[PDB]
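Contents: one structure, followed by commentary.
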Amino acid sequence: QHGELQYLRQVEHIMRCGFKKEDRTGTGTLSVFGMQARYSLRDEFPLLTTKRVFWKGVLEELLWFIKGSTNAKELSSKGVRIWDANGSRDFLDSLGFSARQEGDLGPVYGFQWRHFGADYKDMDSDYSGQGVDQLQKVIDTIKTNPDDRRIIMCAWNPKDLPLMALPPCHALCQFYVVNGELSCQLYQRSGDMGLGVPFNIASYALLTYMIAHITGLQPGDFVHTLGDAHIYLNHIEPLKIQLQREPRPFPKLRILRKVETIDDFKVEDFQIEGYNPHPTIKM
Amino acid sequence: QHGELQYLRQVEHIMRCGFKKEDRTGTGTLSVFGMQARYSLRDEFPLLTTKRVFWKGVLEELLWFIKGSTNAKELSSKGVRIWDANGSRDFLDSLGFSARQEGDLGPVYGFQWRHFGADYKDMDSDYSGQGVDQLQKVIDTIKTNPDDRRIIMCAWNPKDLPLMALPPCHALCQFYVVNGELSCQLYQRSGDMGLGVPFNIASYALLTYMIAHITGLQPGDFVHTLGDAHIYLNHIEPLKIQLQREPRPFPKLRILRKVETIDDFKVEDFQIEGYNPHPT
Ligand SMILES: Cc1nc(=O)c2cc(CN(C)c3ccc(C(=O)N[C@@H](CCC(=O)O)C(=O)O)s3)ccc2[nH]1
Ligand SMILES: Cc1nc(=O)c2cc(CN(C)c3ccc(C(=O)N[C@@H](CCC(=O)O)C(=O)O)s3)ccc2[nH]1
Ligand SMILES: O=c1ccn([C@H]2C[C@H](O)[C@@H](COP(=O)(O)O)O2)c(=O)[nH]1
Ligand SMILES: O=c1ccn([C@H]2C[C@H](O)[C@@H](COP(=O)(O)O)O2)c(=O)[nH]1
């Protein structure tokens, strides 16, 4: 069986057994609470094929995260517009952040991952040597002690919550090692199956490939755990279509050079081979 | 059909397909990474029956949590010894906490749940009005806005980690509401299937029952997600025996009176009916 079948069976399930549940905007969804899929990272990459995934966006965003940025403009400049809406003068004002300059997303992933617990001022501030560098922490631990059951990188910070444009959908992820293979489990509190999910799977599978490469291990599995797994009421039609399609063999991700530290990774180092998806779908 | 069959199928799986993996003590285990089970809370309580669960302990511990305590002695005095070992003068010293008094577990669940982000000194300190009161937070949100997808109570605190005797096994839990029913999902980073696990399921199922009672909702489901799900190499034999037993119908949890706030709960308010488990 093809790995994508899991994601498809989930969507199929949310439609068949989900419950109508209101949205924060009032759009309306069909949801199921608590789900889980295991995507293999062994000699293949989980880039969904029944619908084209914005790969260039998942890669630029991840590097942007690793770099510890919280400025949407720095990701926008790379040709990835995904986080721009949450950075607009209009949106940041509808939440009270009036003195907060444009693009300043607040203490999001980039900040939490590298400086957990540090006092956030603005995106342009210097947090060098401040907070807990969780990203580095997990890498060190994976190297020194692989048996460790506390390899956690937590983006969810209850105290910093009031300063965020958007509370982290990916509350936390945990790494694991066995048989010289590195695995990763993500806890996604809320997931849009028609848009965000596929991209999110790619994002974390990539992170694992990166950390595995640096630690000298082989990619294992990517366990995708969900809280509120939803499908927006309008996405039902196109999704009924996508569910008809047959998944084509997953591509493979090549890391073109030998990099030593997580920060040393650049876009030219990655190569997606054989990514042959079905035509794209607007949602 | 029976809810316990899930837990049994998991143990069965960990034996059948797990991999030998070393322990922090070097005891050795058989593990699988990433697992999940859905226990129904509708008209029944998930207190496992193929082996007796220390129910009096899950209840006293939970209240102890809610009370925001981090002193092991306060739970030990109630006749629940589970957290005593981690509080001894010997253990606290083998980790460096020499000036830390006996029983002082550090900024554990009780402290994180009620005062997240506050500067921890010692168990006897006064943290009134300090930190983020997560427990209260989720209760308020469940009442005012049930559709909310951010109802999270996080015990994992990367900054306070160096002050803990034991890093929280239960990193975080998330609440959900639909059809007037309250559900809960737990993220357990590491779980011992032979001991802590069944107790852990009971603990969180109970918490849901309490919060559901207070918010005026009905208990829904308890989703149990695991990171490193293991079985110690020595528990393999007794477990092979437990797996043979047939689960008896789950008991029911009765809340004997109408309580208003989470803190108002007392031991006399709960009653387990029909808990008929298998022996030893
Ligand atoms: C309700 C909601 N659901 C989401 O999934 C969501 C996701 C993000 C961020 N995210 C992680 C995204 C991943 C992929 C995206 C997307 O817009 N893809 C477009 C291409 C636009 C571009 O060129 O930048 C597409 O699929 O056509 S957006 C922000 C707000 C959200 N809001
Ligand atoms: C290796 C290991 N595995 C565990 O599951 C574990 C659990 C706790 C804490 N936990 C939350 C526990 C739940 C139940 C417990 C127990 O000791 N039950 C006994 C004794 C109490 C009694 O029954 O009077 C038993 O049921 O026999 S201990 C502490 C260290 C651990 N260490
Ligand atoms: O990477 C992401 C980010 C966001 N979302 C979607 C899920 C919900 O549709 C919405 C978040 O809304 P709240 O749960 O924050 O209300 O964004 C995703 O699916 N993936
Ligand atoms: O409620 C609990 C508390 C502890 N443990 C067990 C699981 C592990 O065997 C051990 C903790 O080991 P570390 O994850 O800290 O290495 O305690 C449980 O299963 N449940």
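Chain identifiers are assigned alphabetically from A in the order in which the sequence lines are presented. All chain A residue numbers match the PDB entry; in order, they span 21-303. We number chain B the same way the PDB entry does; the residues here are 21-300, in that order. Counting convention: from 1, in listed order, for ligands and their atoms alike. Header entry for method reads X-ray crystallography, 3.3 Å. Atom set for the values below is all heavy atoms of this structure, side chains included, hydrogens, waters and symmetry mates excluded.
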Drug at ligand 1: what is it called? raltitrexed
Most-contacted chain for raltitrexed (ligand 1), named by the PDB entry: thymidylate synthase
Other chains, non-hydrogen atoms under 4.0 Å from raltitrexed (ligand 1): A
Could you help me out with the residues around raltitrexed (ligand 1)? Anything with a heavy atom closer than 4.0 Å counts. A:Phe74, A:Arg101, A:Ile102, A:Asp212, A:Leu215, A:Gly216, A:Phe219, A:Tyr252
Shared residues: UniProt dUMP site in chain A vs. heavy atoms under 4.0 Å from raltitrexed (ligand 1): A:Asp212, A:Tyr252
Which active-site residue (UniProt) of chain A lies closest to raltitrexed (ligand 1), and what is the heavy-atom gap in whole Å? A:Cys189, 7 Å
Organism in the entry for chain A: Rattus norvegicus
